[PDB]
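Caption: liothyronine together with Proliferating cell nuclear antigen, bound form.
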Amino acid sequence: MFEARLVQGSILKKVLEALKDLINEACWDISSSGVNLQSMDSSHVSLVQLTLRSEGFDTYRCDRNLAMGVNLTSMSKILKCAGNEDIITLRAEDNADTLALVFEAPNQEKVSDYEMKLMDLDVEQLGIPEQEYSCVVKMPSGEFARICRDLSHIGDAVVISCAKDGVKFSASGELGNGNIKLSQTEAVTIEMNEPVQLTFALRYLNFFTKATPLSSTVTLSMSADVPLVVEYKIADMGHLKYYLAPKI
Amino acid sequence: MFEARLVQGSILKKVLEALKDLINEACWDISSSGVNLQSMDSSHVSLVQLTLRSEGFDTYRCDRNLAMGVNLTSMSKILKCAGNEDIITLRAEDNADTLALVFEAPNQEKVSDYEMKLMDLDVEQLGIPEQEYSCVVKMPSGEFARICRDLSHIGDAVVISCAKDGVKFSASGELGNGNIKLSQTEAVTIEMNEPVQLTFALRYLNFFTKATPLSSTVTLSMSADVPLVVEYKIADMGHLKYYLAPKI
Amino acid sequence: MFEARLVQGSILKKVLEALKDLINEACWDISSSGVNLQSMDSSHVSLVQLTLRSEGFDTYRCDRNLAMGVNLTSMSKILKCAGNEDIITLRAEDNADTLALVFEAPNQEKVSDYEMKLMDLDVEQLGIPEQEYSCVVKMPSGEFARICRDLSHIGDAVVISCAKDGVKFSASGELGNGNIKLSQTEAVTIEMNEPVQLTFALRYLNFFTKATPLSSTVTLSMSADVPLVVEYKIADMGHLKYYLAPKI
Ligand SMILES: N[C@@H](Cc1cc(I)c(Oc2ccc(O)c(I)c2)c(I)c1)C(=O)O
Ligand SMILES: N[C@@H](Cc1cc(I)c(Oc2ccc(O)c(I)c2)c(I)c1)C(=O)O
Ligand SMILES: N[C@@H](Cc1cc(I)c(Oc2ccc(O)c(I)c2)c(I)c1)C(=O)O
Ligand SMILES: [Cl-]
Ligand SMILES: [Cl-]
Ligand SMILES: [Cl-]
């Protein structure tokens, strides 16, 4: 008998806006500890992982663990019916076939309730390994978004080169090439053990940056021979992480 | 020798913006009492009725009654050439083949004049019956627009249920369903003799809401077995009314 | 060994935004005196001429005269990677095959450098004759843009009639016709020896007005039997001029 009330409901709005173009359908793993989503994107390239801890909700209750199969476009459409000031409650019965979503304001003059048909998805839980990241860059999320958008007018791929002093983003294509150098100082901070130079598809990074509204900061974690992790903190609640294998 | 000067010319701009998607061609009935338009929309579903009383114009003169056949897209295009601060004069000769439109500002530094070819439309005047509306809801026009837009992402039709205490808008479709409850308190006011529950096509309501800029308030009048009336007041001048039969 | 530093880099951004829809490819004539571009548009109708004098750059150096063949769409794409506050340096070696563009800010926290492949274009320099313009209209660039946009909803051509007292823009098409009268007074100023009445394609004027951000003023120079000149000053630096033959 799952139920979860989130006074800052706009977090859910932004979460769906940051998932709906990447994933068509995904399983929401609901448990005592919180809400978790894990899915490969629809092209089977990147893996997206969302954590929303029970403690970041204003009320939270989960009697039995649920795997809720959700069409993300549908859920996105329903969440567009919530205002940015709305208190949002999620509610599903045991062995649920629908998810209820209730939107309200403090003044209770407008109350909306939606019911979303769930899907049957017997998806398996993938193991996400832990890695030693020889290089971790924290920077303003908006500057990251800007760089990925700008450089995708030049080529399809971005070389990210990281050293103690600064981080460089480079691209090349038909028209020529470019590179963008950010020095360490919102700040740019680099925690690095060994320099890395890795190449990534801009198409996928430009999908990840739809998470920009969740945080003014993004963390890029990278190491040779493992996926890049692009991490947006969801304040006092958890995170959205995107994983992208370098181009080999 | 029709002539009409409207210092608040932006009213005409908004009137055309609220008609041009619904109607291709329509007759402007000009008479001593004022300007009236009546037309079925281009799909022959809803009826639109505009009243602009002679008294709301700053000057007004009509020697002989005229039926001006107008392509509304064309008139819309000409009215887009008026600024929002413009004084607008309409002028047509007796047995007119063209309508003149003059746009000016107080400072007279820019004066525009347009001439629009009229059309030949021998359309008959339809009788719009009077009805007893067992239920009349006054609410903010923007909230009405929001609800119709939001709910049309859920289904094609909206059930409007009205009672003393409040008004509910519901929709259902493939993805699931939703309902939006507004309580009586811009306010929400309900004057009702008997509860109504009626169903309407959202496609047409979303056309009516293009009239939103004419008023901060909309009036919904409904009764069993007669069209819904969606009414936008045009301050100190008249109205724009849209009529839509429930789905049966 | 050409190099040019422009602290107000946004001038270059606006220059490219005012050329890229009109011209695909064009030669940048670089010399001691400054940067000049001359090209027929891609339809071979209008001629565009850009002058940026060496003196308007913060530093300027040109060892040998260069004709740089540039795809303007490509250069436009690179200049979109510059911020509006950016210092912009252009750099090309002798007998250059690439153009370097460096973007920086005062605080040097972000430095970008791009390299653009040049093209081989053995275009000849066209002689632009001098003419006696019997009529010169100075007016606000935004009002010019407004008029050309508005009137292009009425017809494809604009009749520009100029007299001592004022300037009139007229258009006619299927729906009817219109004219817009501006009186002499940002001001409207007319210096005229003889009245002119000339007709011009609105499609091309609406391309010229993409230069609007370079200046709050536009100068229209016209005479019977020679092209209209539409001139946008590039403050303390030079100009962008567009030439358009009247319709005959
Ligand atoms: N589904 C894909 C395989 C695939 C599986 C997983 I688990 C992924 O996530 C991570 C995350 C962090 C890591 O360090 C690693 I190593 C992998 C990704 I990116 C791809 C296929 O079909 O090959
Ligand atoms: N033209 C349509 C018929 C049609 C005629 C009329 I008059 C209409 O307006 C109203 C307005 C208020 C009312 O109470 C009623 I009853 C009808 C409408 I909506 C439709 C056809 O072809 O059947
Ligand atoms: N390229 C075109 C010819 C063409 C050549 C030139 I030089 C042009 O510029 C001007 C500018 C100011 C003037 O007074 C004149 I006279 C011409 C233009 I407009 C057109 C063709 O192929 O016929
Ligand atoms: Cl991988
Ligand atoms: Cl009816
Ligand atoms: Cl010519």
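Going down the sequence lines, the chains are called A, B, C, and so on. Following the PDB entry, chain A residues are numbered 1-185, 193-255, in order. The numbers used for chain B are those of the PDB entry, and the residues that appear cover 1-185, 193-255, in sequence. The numbers used for chain C are those of the PDB entry, and the residues that appear cover 1-185, 193-255, in sequence. For the numbers below, each heavy atom of this structure counts, side chains included, while hydrogens, waters and symmetry mates do not. As the structure lists them, so they are numbered: ligands from 1, and atoms in each ligand from 1. According to its header, this structure was worked out by X-ray crystallography, 2.1 Å.
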Provide the full list of ligands or chains belonging to liothyronine.
ligands 1, 2 and 3
Other chains near liothyronine (ligand 1) with a heavy-atom separation under 4.0 Å: which ones?
A
Which heavy atom of the protein is the closest neighbour of atom 6 (C) of liothyronine (ligand 1), given with residue, atom name and distance?
A/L47 CD1, 3.9 Å
Under 4.0 Å from atom 1 (N) of liothyronine (ligand 1), is there at least one protein heavy atom?
yes
Checking the N or O distance criterion of under 3.5 Å, is liothyronine (ligand 1) in contact with A/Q131?
yes
Flag atom 12 (C) of liothyronine (ligand 1) as yes if some protein heavy-atom distance to it falls below 4.0 Å, otherwise no.
yes
Looking at atom 9 (O) of liothyronine (ligand 1), would you say a protein heavy atom lies below 4.0 Å from it?
yes
Considering only the protein, which heavy-atom contact is closest to atom 19 (I) of liothyronine (ligand 1), and what is its distance?
A/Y250 O, 3.6 Å
Within the structure, does at least one protein heavy atom fall under 4.0 Å of atom 21 (C) of liothyronine (ligand 1)?
no
Taking atom 7 (I) of liothyronine (ligand 1) as the reference point, the nearest protein heavy atom with its distance
A/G127 O, 3.1 Å
Should one rank A/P234, A/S46, A/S230 by closest heavy-atom distance to atom 17 (C) of liothyronine (ligand 1), which comes out on top?
A/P234
Heavy-atom shell of 4.0 Å around liothyronine (ligand 1)
A/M40, A/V45, A/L47, A/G127, A/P129, A/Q131, A/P234, A/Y250
